[PDB]
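Complex: nirmatrelvir (bound form) / 3C-like proteinase nsp5.
By convention here, the chains are lettered A, B, ... following the listed order of sequence lines. For chain A, we keep the numbers from the PDB entry: what you see runs 1-301, in order. Residues 1-301, in that order, are what chain B shows, numbered as in the PDB entry. Looks like X-ray crystallography, 2.4 Å, at least that's what the header says. Only this structure's heavy atoms are used, side chains among them; waters, hydrogens and symmetry mates stay out. First listed ligand is number 1; within each ligand, the first listed atom is number 1.
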Protein chains: 2
Amino acid sequence: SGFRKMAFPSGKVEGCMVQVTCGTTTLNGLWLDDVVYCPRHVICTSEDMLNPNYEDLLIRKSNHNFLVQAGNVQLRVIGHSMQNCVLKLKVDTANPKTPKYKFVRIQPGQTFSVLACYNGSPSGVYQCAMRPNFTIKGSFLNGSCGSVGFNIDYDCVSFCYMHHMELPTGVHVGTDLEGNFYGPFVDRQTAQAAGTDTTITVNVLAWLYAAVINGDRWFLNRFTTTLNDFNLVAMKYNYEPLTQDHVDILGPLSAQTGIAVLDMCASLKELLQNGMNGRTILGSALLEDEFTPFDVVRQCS
Amino acid sequence: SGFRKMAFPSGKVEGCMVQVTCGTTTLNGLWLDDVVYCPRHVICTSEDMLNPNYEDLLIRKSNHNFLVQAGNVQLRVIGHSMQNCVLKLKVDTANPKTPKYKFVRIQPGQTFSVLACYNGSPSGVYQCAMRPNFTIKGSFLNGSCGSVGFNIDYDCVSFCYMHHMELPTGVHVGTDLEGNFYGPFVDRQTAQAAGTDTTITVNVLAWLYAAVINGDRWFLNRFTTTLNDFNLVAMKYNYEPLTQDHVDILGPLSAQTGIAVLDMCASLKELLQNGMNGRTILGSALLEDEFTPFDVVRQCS
Ligand SMILES: *C(=N)[C@H](C[C@@H]1CCNC1=O)NC(=O)[C@@H]1[C@@H]2[C@H](CN1C(=O)[C@@H](NC(=O)C(F)(F)F)C(C)(C)C)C2(C)C
Ligand SMILES: *C(=N)[C@H](C[C@@H]1CCNC1=O)NC(=O)[C@@H]1[C@@H]2[C@H](CN1C(=O)[C@@H](NC(=O)C(F)(F)F)C(C)(C)C)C2(C)C
């Protein structure tokens, strides 16, 4: 019993973290096989960052300009190329600690574990959700770029995120491991804004099943609702429309607890219009949308 | 920028997790050098657990009765002994992945990272605080016993906790890595109760410094207070007395932000008597006491 914001065991990813230094700039890199992946603003000076021309900056660099360090060992760079906003540095040594891996592009609403690094040294691990406006509510200081977001399926590490920037609102933005940003952001030091964020409805309902599995069941009411009547009520609260695909994903939890998805929508509909009346759910006073149905099935089954 | 409940990178501990099976019972073990540490109720049947005599159960066992598995490899047990509520099994192979380590007894109020395991396989990592009533608010299913709590000082793993039980209230109890329970609990399946829990005052103030470092500063008032006048007001809210030792520990944060500890106590005193008036601090609607001053200095400096 018990429900906690859990992160994946980061050990497989720790063995891949390297420190990439170019000129005076130092950030983190992901060393998988004979290639190191890192944000392309490692080739920037502080003056360059206000408006950089990464293609112009990179042509002026050679393999020896990049200082890659794996612990105390310096890895000799034998090739370099840029894929969108990521820089790939081929090295003479393949990582013996390289786990089984794939590079995926997560969808908004899905979660991942962030392994926060500084100087190629992991410092901490925490769980994040890719918001519908394509930002994450992380905790990143200077030098944290190149810290990656990942999920673990038994023995396979699916890397889905690489840290690049922090917005004026405090939220964090980054790319997939192919260099493509999540959201309409560019890697230049200029004022940038994220779109309107919405509440991930399927995650709130999944978190309500986790609450029932844990004995918190005061919000359970006797009514049912239609998917259409739930979406009209939830619309004014900035809740994304719950689709049939979301109802299908909620199946395993609904089968386990014996509470139909549409009966749980009627419970949430009351919580939306009437509030919590000073009560808490799973210790929290606010409804939570950062736990996906799979994250709930992971701990509560 | 950003403030998150962060856990230590669990990689060093993952390389120490083994699966200990005796008879039909299977739980986790911590393999450091040539010794495996595990809860002593691995030698119990389900009937034995209501009221066990572990000394009587263990004398009936020999080295071959214990099945220790490190991945696919079975470790041959060449010795066994019981230290309080932990069982130590000497093995013929010393763990090549054993990190630099020490065994510590944490104080109430301090935090640690829990690496949750099942069948000797790590499944997740999360941060816990040892409550003043000696319980933790974890998330443990069946077979999670032997999952350890730890802190990492650069390269040294200080193991401070091992999971044993879940109380009727939902909270979790365990021993240090010497077999001594935290709190007045016994490892038998009987109704057990934890004492009255209190609010860790020094952690609330540390979390208020993290909030100011992050731009959340609406609660900052113009007043100061004495340590004595703060403790009298906080007493009725079930806040533990803030001692001079706590004020000294809060020094680094107070120096960094430029807010005196006694000025932050006056801000908290207002929050205690007047409430939050519908406002949140660091996104939370309730005051938080699970982040120690060192946890704040870790991310916010
Ligand atoms: C990479 N190590 C840092 C991580 C930053 C440090 C503070 N928290 C973070 O997320 N990334 C940067 O410093 C990038 C980098 C130049 C500027 N920058 C930013 O994240 C800036 N933000 C933006 O420009 C904005 F608003 F568009 F997102 C900064 C003002 C420093 C927070 C480049 C090349 C984009
Ligand atoms: C070890 N793998 C489990 C972990 C349990 C499983 C559910 N969540 C947990 O923390 N530990 C046990 O099953 C121990 C074990 C017998 C009973 N037990 C308990 O934790 C029970 N609780 C208590 O007896 C109580 F209330 F005193 F804490 C249980 C009712 C199963 C939750 C022994 C030997 C104590």
Worksheet item: From which other chains does some heavy atom lie less than 4.0 Å from nirmatrelvir (bound form, ligand 1)?
Response: A
Discussion item. I need the contact type for A/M49 against nirmatrelvir (bound form, ligand 1). Using non-hydrogen atoms and a strict under-4.0 Å cut-off, is it side chain, backbone, both or neither?
Written reply: side chain
Discussion item. Any idea which residue and atom the entry shows joined by a covalent bond to nirmatrelvir (bound form, ligand 1)? Or none?
Written reply: A/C145 SG
Fill in: N or O pair under 3.5 Å between A/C145 and nirmatrelvir (bound form, ligand 1)
yes
Worksheet item: Who's closest to atom 19 (C) of nirmatrelvir (bound form, ligand 1) heavy-atom-wise, of A/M165, A/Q192, A/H41, A/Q189?
Response: A/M165
Worksheet entry | Per-residue contact class, A/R188 against nirmatrelvir (bound form, ligand 1) - non-hydrogen pairs under 4.0 Å | backbone
Practice prompt. Give the UniProt domain of chain A with the most residues touching nirmatrelvir (bound form, ligand 1).
Written response: Peptidase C30
Worksheet item: Relative to nirmatrelvir (bound form, ligand 1), which UniProt active-site residue of chain A is closest, and at what minimum heavy-atom distance to the nearest 1 Å?
Response: A/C145, 2 Å
Discussion item. Quick check for my notes - source organism of chain A in the deposit?
Written reply: Severe acute respiratory syndrome coronavirus 2
Discussion item. Heavy-atom contact check, 4.0 Å cutoff: does A/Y54 meet nirmatrelvir (bound form, ligand 1)?
Written reply: yes
Practice prompt. Could you say whether the N/O atoms of A/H172 and nirmatrelvir (bound form, ligand 1) ever approach to under 3.5 Å?
Written response: no
Fill in: Site of nirmatrelvir (bound form, ligand 1): non-hydrogen cut-off 4.0 Å
A/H41, A/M49, A/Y54, A/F140, A/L141, A/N142, A/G143, A/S144, A/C145, A/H163, A/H164, A/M165, A/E166, A/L167, A/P168, A/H172, A/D187, A/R188, A/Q189, A/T190, A/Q192
Considering only N or O atoms, set out every pair between nirmatrelvir (bound form, ligand 1) and the protein closer than 3.5 Å, with distances to one decimal place.
{"residue": "nirmatrelvir (bound form, ligand 1)", "atom": "2 (N)", "partner": "A/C145", "partner atom": "N", "Å": "3.0"}
{"residue": "nirmatrelvir (bound form, ligand 1)", "atom": "8 (N)", "partner": "A/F140", "partner atom": "O", "Å": "2.9"}
{"residue": "nirmatrelvir (bound form, ligand 1)", "atom": "8 (N)", "partner": "A/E166", "partner atom": "OE1", "Å": "3.0"}
{"residue": "nirmatrelvir (bound form, ligand 1)", "atom": "10 (O)", "partner": "A/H163", "partner atom": "NE2", "Å": "2.8"}
{"residue": "nirmatrelvir (bound form, ligand 1)", "atom": "10 (O)", "partner": "A/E166", "partner atom": "N", "Å": "3.4"}
{"residue": "nirmatrelvir (bound form, ligand 1)", "atom": "11 (N)", "partner": "A/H164", "partner atom": "O", "Å": "2.9"}
{"residue": "nirmatrelvir (bound form, ligand 1)", "atom": "20 (O)", "partner": "A/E166", "partner atom": "N", "Å": "2.9"}
{"residue": "nirmatrelvir (bound form, ligand 1)", "atom": "22 (N)", "partner": "A/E166", "partner atom": "O", "Å": "2.9"}

